[PDB]
Asks: 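Just passing along the structure, written as structure tokens.
Index from 1, following the sequence. Order of listing sets the numbers, starting from 1, for every ligand and every atom in it. Atoms considered below: every heavy atom in the structure, side chains included; atoms not considered: hydrogens, waters and symmetry mates.
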Amino acid sequence: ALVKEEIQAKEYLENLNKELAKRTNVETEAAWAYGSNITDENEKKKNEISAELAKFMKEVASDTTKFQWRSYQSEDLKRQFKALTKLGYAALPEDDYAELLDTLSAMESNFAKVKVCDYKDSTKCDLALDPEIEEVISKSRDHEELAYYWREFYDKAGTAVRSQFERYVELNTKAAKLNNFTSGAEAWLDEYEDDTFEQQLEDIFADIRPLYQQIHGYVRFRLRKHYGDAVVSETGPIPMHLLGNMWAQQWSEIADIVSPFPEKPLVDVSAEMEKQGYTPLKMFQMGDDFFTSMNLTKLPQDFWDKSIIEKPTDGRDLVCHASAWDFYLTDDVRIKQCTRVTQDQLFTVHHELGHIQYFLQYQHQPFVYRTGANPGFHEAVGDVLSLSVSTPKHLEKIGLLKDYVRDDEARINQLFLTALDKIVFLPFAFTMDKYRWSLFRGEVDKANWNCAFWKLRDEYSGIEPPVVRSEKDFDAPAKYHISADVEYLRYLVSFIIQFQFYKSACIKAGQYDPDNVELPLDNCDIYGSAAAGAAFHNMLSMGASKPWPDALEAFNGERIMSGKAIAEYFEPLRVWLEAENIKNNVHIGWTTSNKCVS
Ligand SMILES: *[C@@H]1O[C@H](CO)[C@@H](O[C@@H]2O[C@H](CO)[C@@H](O[C@@H]3O[C@H](CO[C@H]4O[C@H](CO)[C@@H](O)[C@H](O)[C@@H]4O)[C@@H](O)[C@H](O[C@H]4O[C@H](CO[C@@H]5O[C@H](CO)[C@@H](O)[C@H](O)[C@@H]5O)[C@@H](O)[C@H](O)[C@@H]4O)[C@@H]3O)[C@H](O)[C@H]2NC(C)=O)[C@H](O)[C@H]1NC(C)=O
Ligand SMILES: C[C@H](N[C@H](CCc1ccccc1)C(=O)O)C(=O)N1[C@H](C(=O)O)C[C@@H]2CCC[C@@H]21
Ligand SMILES: *[C@@H]1O[C@H](CO)[C@@H](O)[C@H](O)[C@H]1NC(C)=O
Ligand SMILES: *[C@@H]1O[C@H](CO)[C@@H](O)[C@H](O)[C@H]1NC(C)=O
Ligand SMILES: [Zn+2]
């Protein structure tokens with residue numbers, strides 16, 4: 001009967017979890033070796049271990065049907081068994097799984113090996129995205145130079161893998177249906193355990209959208225004064241190569257030319273970092289210090305011994321795109337980052353260390369629970385710290401910001417600077433998955449795949465390519481996450497919920513009072529707050545043991561994803577910016593782009 005079986009099932013799960021952790025450790029090591037050192041030998045090794053683990057998962061999924069798990073009394077045991085039914089790609093027949101793995105590594109390695117020629121010297125053709133091309137995109141204000149690097153990169157990282165991407169969509173769809181989801185869109189959405197999740201995001205996005213339109217309008221106005229009306233039109237989408245980022249996902253690199261008050265200070269601490277002799281090691285030690293100051297977990301010795309925190313100086317190929325790794329043992333956690341000494345990189349260091357902290361907080365959990373409450377939670381942790389490290393308050397403490405007077409106009413500059421990252425990112429993040437959902441669901445014919453991409457980038461972000469594109473190009477995979485098959489909705493969710501976490505953490509730290517002008521949300525520093533740390537410990541140690549609303553409740557008593565906190569943060573900017581656009585008769589909104597020929 002069921003009473004004896006449930007007792008046996010508990011013993012089965014305890015053993016199986018340990019076995020899965022150990023088998024996944026082996027797969028992860030292989031994936032790490034390939035990511036740090038791209039070779040045909042390492043690819044073969046990585047993909048063969050994965051096929052072996054997939055085969056074992058099939059046996060596991062099959063074995064769950066032998067247990068009457070849906071009949072059990074324990075919610076915890078049922079939740080664990082349910083986790084074990086979720087095969088994903090491992091549901092594919094042996095040969096199809098092997099083909100998908102070959103397709104995925106072909107795309108990620110193509111991206112990682114992209115090299116372009118120097119604009120000024122066609123002899124020098126060893127310029128990688130990280131750091132060479134990104135340096136030019138972020139620093140150059142020569143629109144024809146920017147356009148050149150845009151075209152070269154997108155042609156190599158995007159168009160070159162069209163056929164591979166098509167096969168990936170086919171196999172992703174096949175895998176989803178084998179798991180009885182309609183498509184890979186629904187498979188991705190299952191991670192959020194909420195049948196109204198899409199609508200919830202539409203609703204939140206609609207509330208923030210008008211603020212984005214105002215920022216867009218003002219930035220376009222300021223770019224016209226810089227580049228002139230031949231380069232930037234008043235009424236059209238912004239030419240994306242002028243926004244200081246290869247994908248126009250963040251605009252903070254052009255802050256010096258679009259800032260509300262150019263005679264008042266704009267925080268940019270890169271020069272001081274360099275002056276004070278900062279290194280990648282110091283940046284990571286500072287990040288570690290922040291976490292420990294909050295009474296959270298110190299980085300283990302394995303992290304320092306095994307991480308790769310600087311780009312290797314031999315001729316080898318690797319994935320430089322920053323990442324954090326869990327090896328599912330004890331204290332074996334690693335970062336791989338091609339760290340540069342800049343302000344934005346300091347934020348990225350904290351982002352990645354947020355992942356590491358999460359890994360450490362839930363490593364005592366059974367294997368199936370050793371992941372985020374939802375994917376957005378994992379992305380939010382580090383960004384919460386980054387919000388406080390970016391404050392004038394904190395940057396002055398660590399001696400990176402000198403002779404700073406925090407008047408109303410400096411405050412507006414800082415809010416605007418933050419918005420150029422945080423608000424600008426929202427429509428970007430939404431479109432990355434909206435696009436892939438539409439392909440996964442079979443809503444766009446293959447003949448229209450590229451213009452379907454640029455249509456969304458137009459509709460939501462109001463940006464366009466610097467040159468005319470067509471269905472002869474394929475631009476989506478020029479973004480890492482698209483080439484590497486990493487779901488993007490996590491970042492949209494993160495950018496919303498991180499303000500929920502930040503606001504609550506700041507109240508707990510005594511750093512925010514809505515009725516005290518001395519304690520504004522935009523100058524909150526949670527450094528050294530054990531009270532904020534405690535809330536994180538309560539939430540992060542849970543892992544995926546409970547549905548995400550219970551994890552949020554453990555942090556601050558709330559159970560709902562809400563746009564209230566992000567709106568509250570930027571409210572002073574909104575009021576000012578609305579008035580400023582009216583003062584300057586700034587055109588808001590945009591005409592449909594002519595940059596993608598059907
Ligand atoms: C995605 O959805 C799929 C459905 O679209 C689903 O596929 C179905 O899975 C079922 C297994 O859960 C499977 O059901 C079995 O069918 C066998 C015969 O099917 C054949 O004939 C049918 C023609 O009429 C065709 O439609 C099929 O294609 C096949 O040719 C049965 O022999 C089998 O039975 C046995 O198992 C049941 C289940 O027992 C359960 O557990 C305990 C036993 O330990 C019971 O006490 C309990 O009550 C419960 O019933 C026993 O009752 C029985 O005695 C037999 O031992 C079973 O019904 C079905 O064939 C399959 N396909 C289709 C088209 O329906 C996928 O599994 C889903 N995938 C995922 C990942 O979720
Ligand atoms: C740098 C970071 N990269 C990693 C990608 C994660 C990953 C890496 C490899 C395989 C699967 C997932 C991350 O930590 O999420 C990243 O791409 N982004 C996103 C991005 O740059 O697109 C925005 C997020 C806010 C700050 C940086 C974060
Ligand atoms: C990269 O891998 C090759 C074999 O594929 C190995 O011989 C070499 O040591 C690795 N290089 C580095 C720098 O680790
Ligand atoms: C630090 O954390 C421990 C347990 O994680 C807790 O017992 C202790 O009270 C914390 N320190 C402070 C000052 O709250
Ligand atoms: Zn992340």
Asks: What drug are we dealing with at ligand 2, do you know?
Replies: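 Answer: ramiprilat.
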Asks: Would you mind finding the main macromolecule in contact with ramiprilat and telling me what it's called in UniProt?
Replies: Angiotensin-converting enzyme
Asks: Which UniProt domain of chain A dominates the contacts with ramiprilat?
Replies: Peptidase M2
Asks: Can you report which non-hydrogen protein atom sits closest to atom 21 (O) of ramiprilat, along with the distance?
Replies: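 So the nearest neighbour among protein heavy atoms is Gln249 NE2, 3.3 Å.
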Asks: What atoms of ramiprilat come within less than 4.0 Å of a heavy atom belonging to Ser323?
Replies: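 The list of qualifying atoms is 8 (C).
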Asks: Which residue supplies the protein heavy atom nearest to atom 16 (C) of ramiprilat, what is that atom called, and how far is it?
Replies: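 Atom 16 (C) of ramiprilat sits closest to the protein heavy atom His321 NE2, 3.5 Å.
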Asks: Say whether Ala322, considering both its backbone and side-chain N or O atoms, lies within less than 3.5 Å of an N or O atom on ramiprilat.
Replies: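 Indeed, backbone or side chain, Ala322 has an N or O that close.
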Asks: Check each heavy atom of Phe347 against ramiprilat and say whether those closer than 4.0 Å belong to the side chain, the backbone, both or neither.
Replies: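 Answer for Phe347: neither.
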Asks: Looking at atom 11 (C) of ramiprilat, what's its closest protein heavy atom, distance included?
Replies: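 Result for atom 11 (C) of ramiprilat: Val486 CG2, 3.5 Å.
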Asks: Would you mind running through ramiprilat and noting each atom that sits below 4.0 Å from a heavy atom of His355?
Replies: 13 (C), 14 (O), 15 (O)
Asks: Which of the atoms in ramiprilat, numbered in the order shown and given with their element, are less than 4.0 Å from a heavy-atom of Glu352?
Replies: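 It comes down to these atoms of ramiprilat: 1 (C), 2 (C), 3 (N), 4 (C), 13 (C), 14 (O).
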Asks: Which residue owns the protein heavy atom closest to atom 15 (O) of ramiprilat, what's the atom, and how far is it?
Replies: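 Of the protein heavy atoms, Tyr491 OH, 2.7 Å lies nearest.
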Asks: With heavy-atom distances below 4.0 Å as the criterion, list the atoms of ramiprilat near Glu379.
Replies: 15 (O)
Asks: Show which other ligands and ions come under 4.0 Å from ramiprilat.
Replies: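 Within the cut-off sit ligand 5 (zinc ion).
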Asks: Hey, quick one: which residues UniProt lists as binding Zn(2+) in chain A have a heavy atom under 4.0 Å from ramiprilat?
Replies: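 Of the UniProt binders, a heavy atom is that close in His351, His355, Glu379.
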Asks: Looking only at protein heavy atoms, which one is nearest to atom 9 (C) of ramiprilat, and what is the separation?
Replies: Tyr480 OH, 3.4 Å
Asks: Does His351, backbone or side chain, put an N or O under 3.5 Å from an N or O of ramiprilat?
Replies: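 N/O-N/O distance below 3.5 Å exists for this pair.
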Asks: Heavy-atom contact check, 4.0 Å cutoff: does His481 meet ramiprilat?
Replies: yes
Asks: Could you identify the single nearest non-hydrogen protein atom to atom 22 (O) of ramiprilat and state the distance to 0.1 Å?
Replies: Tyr488 OH, 2.5 Å
Asks: Does ramiprilat have any atom sitting under 4.0 Å from a heavy atom of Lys479?
Replies: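 Contact present.
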Asks: Less than 4.0 Å from atom 7 (C) of ramiprilat, is there any heavy atom belonging to the protein?
Replies: no
Asks: Identify the binding-site residues of ramiprilat at 4.0 Å, heavy atoms only.
Replies: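 By heavy-atom distance, those would be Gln249, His321, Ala322, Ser323, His351, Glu352, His355, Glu379, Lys479, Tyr480, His481, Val486, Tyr488, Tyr491.
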Asks: I'd like the atom pairs linking ramiprilat to the protein - N or O on both sides, separation under 3.5 Å - with distances to 0.1 Å.
Replies:
residue	atom	partner	partner atom	Å
ramiprilat	3 (N)	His321	NE2	2.9
ramiprilat	3 (N)	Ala322	O	3.0
ramiprilat	14 (O)	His351	NE2	3.2
ramiprilat	14 (O)	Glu352	OE1	3.1
ramiprilat	14 (O)	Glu352	OE2	2.8
ramiprilat	14 (O)	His355	NE2	3.2
ramiprilat	15 (O)	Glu379	OE1	3.2
ramiprilat	15 (O)	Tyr491	OH	2.7
ramiprilat	17 (O)	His321	NE2	2.7
ramiprilat	17 (O)	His481	NE2	3.1
ramiprilat	21 (O)	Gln249	NE2	3.3
ramiprilat	22 (O)	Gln249	NE2	3.2
ramiprilat	22 (O)	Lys479	NZ	3.0
ramiprilat	22 (O)	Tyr488	OH	2.5

